[PDB]
Visitor: 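Before my questions: this is exemestane bound to Cytochrome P450 19A1.
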Amino acid sequence: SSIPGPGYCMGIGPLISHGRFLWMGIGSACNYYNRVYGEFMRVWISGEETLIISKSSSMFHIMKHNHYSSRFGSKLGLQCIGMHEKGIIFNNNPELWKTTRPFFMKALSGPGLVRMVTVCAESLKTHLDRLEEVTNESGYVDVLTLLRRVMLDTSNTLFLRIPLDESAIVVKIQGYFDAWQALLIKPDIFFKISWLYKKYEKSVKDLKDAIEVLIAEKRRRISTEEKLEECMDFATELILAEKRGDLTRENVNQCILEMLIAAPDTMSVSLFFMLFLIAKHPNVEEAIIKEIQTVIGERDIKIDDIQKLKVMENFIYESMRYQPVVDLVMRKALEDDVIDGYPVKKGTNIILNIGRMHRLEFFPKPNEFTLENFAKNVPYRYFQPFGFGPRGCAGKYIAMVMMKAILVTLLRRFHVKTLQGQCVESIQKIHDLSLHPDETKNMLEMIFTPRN
Ligand code: HEM
Ligand SMILES: C=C1C[C@@H]2[C@H](CC[C@]3(C)C(=O)CC[C@@H]23)[C@@]2(C)C=CC(=O)C=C12
């Protein structure tokens, strides 16, 4: 098998496709190219050949083997946002990534994943007793903002615990995201003409400078302190590693930033799409309340409860399957290989189109939202909402805990209504790095009406 895809127009092949990506958006460009050509095909972002793949078989191969534990993207765009060989998310240096990930992995599982289930519920309870902060005169709640705030609160009180300006940092975090999303695949030419990008350069500084203030304090409280053994957390772990010789201060700093943004960047959008799905699916929402009555009653949500919330678990999966937020994964080939039928040279960029994959394969009723798609145990090789393997989502387990926790704590207390005939299908969406709602539009509010 030779490689499918558009004609290489003697050096015009690349230019049309890279342009198509910038004009369309990374997400909807992938969906376009996969629809036109095969579920496996070649394109050019910048110079380098890049493959876009929805085939579950290829998907599985890639996330499984160790020679795909890299991502890709403009070096100058990454340097701009500070993820060039520094975080983990888009840290593309094999060795430096290898040595940092452990820290993330430890903090996002075991003892911490148990605190998180209650840290979440409390954080949300706080914010639900302060609805005045997010509710309109006509009772319209800004769900997106509320969520982002409890996500940041949650992340902070678990991984860093330093008092911060919640409202302020959330807006800056979004500046950071947008900037990241903008510069990720902008061709080098773009960075030469400075008044075009320096817009973004400023949102990055706004967040980084806001965070240096926080880590500066965490550094003090550590260098004083009585029983240091008593209270280990993500930020401390890193700082002490730096205090040995394991980490650079710059890197530490990026990781803390990367940990704080991660939840607000994804959970909030995901739960938002989940909340709309509940409103327009009354049948499903009844099953979820019964399960809560059966499993929890009027007791505080605890770790031992989460396995029992079976219906909800399926709801979360079906929501992510049907309305994904992270619908694509970027990887790079580190060794040569043959993947399915095709030769894949090292240095080849890969975009796994997991969103399209969850509609072309396995599932009984792919194109409608039903809890029937998850009535029979799903092979983790046909459904990858987080990815798996050496570089799968580091939060994949804690994530599910948090989502379960916040949904329970919310639906426990309020019925949710969507304005007009609005639903996830009829929301206007941007489809670039992630797949999220266009916030320059409106009608994205909800109404929270009490229960009992
Ligand atoms: C429901 C929300 C979430 C979704 C849909 C999601 C999904 C994903 C996916 C698909 C990847 C790419 C993995 C791969 O390449 O196969 C990823 C990576 C990652 N995720 Fe998540 N995730 C979520 C929540 C979180 C949370 C809460 C955190 C941390 C608090 C987190 C931290 C990370 C990090 C640090 C990476 C980069 C991993 C690496 O390259 O080493 N994620 N996530
Ligand atoms: C929404 C996104 C986009 C995700 C990214 C991890 C790497 C992903 C999956 C890619 O290869 C392309 C889109 C990227 C993620 C989940 C990780 C952390 C975060 O803060 C925000 C994220």
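Sequence positions for chain A are given in the PDB entry numbering; the residues included correspond to 45-496, in order. Indexing begins at 1, ligand by ligand and atom by atom, following the structure's order.
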Visitor: Which ligand or chain identifiers match exemestane, all copies included?
Guide: ligand 2
Visitor: Name the UniProt substrate-binding residues of chain A with a heavy atom closer than 4.0 Å to exemestane (ligand 2).
Guide: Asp309, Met374
Visitor: Binding site of exemestane (ligand 2): which residues fall under 4.0 Å, heavy atoms only?
Guide: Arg115, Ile133, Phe221, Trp224, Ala306, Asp309, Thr310, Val370, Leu372, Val373, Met374, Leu477
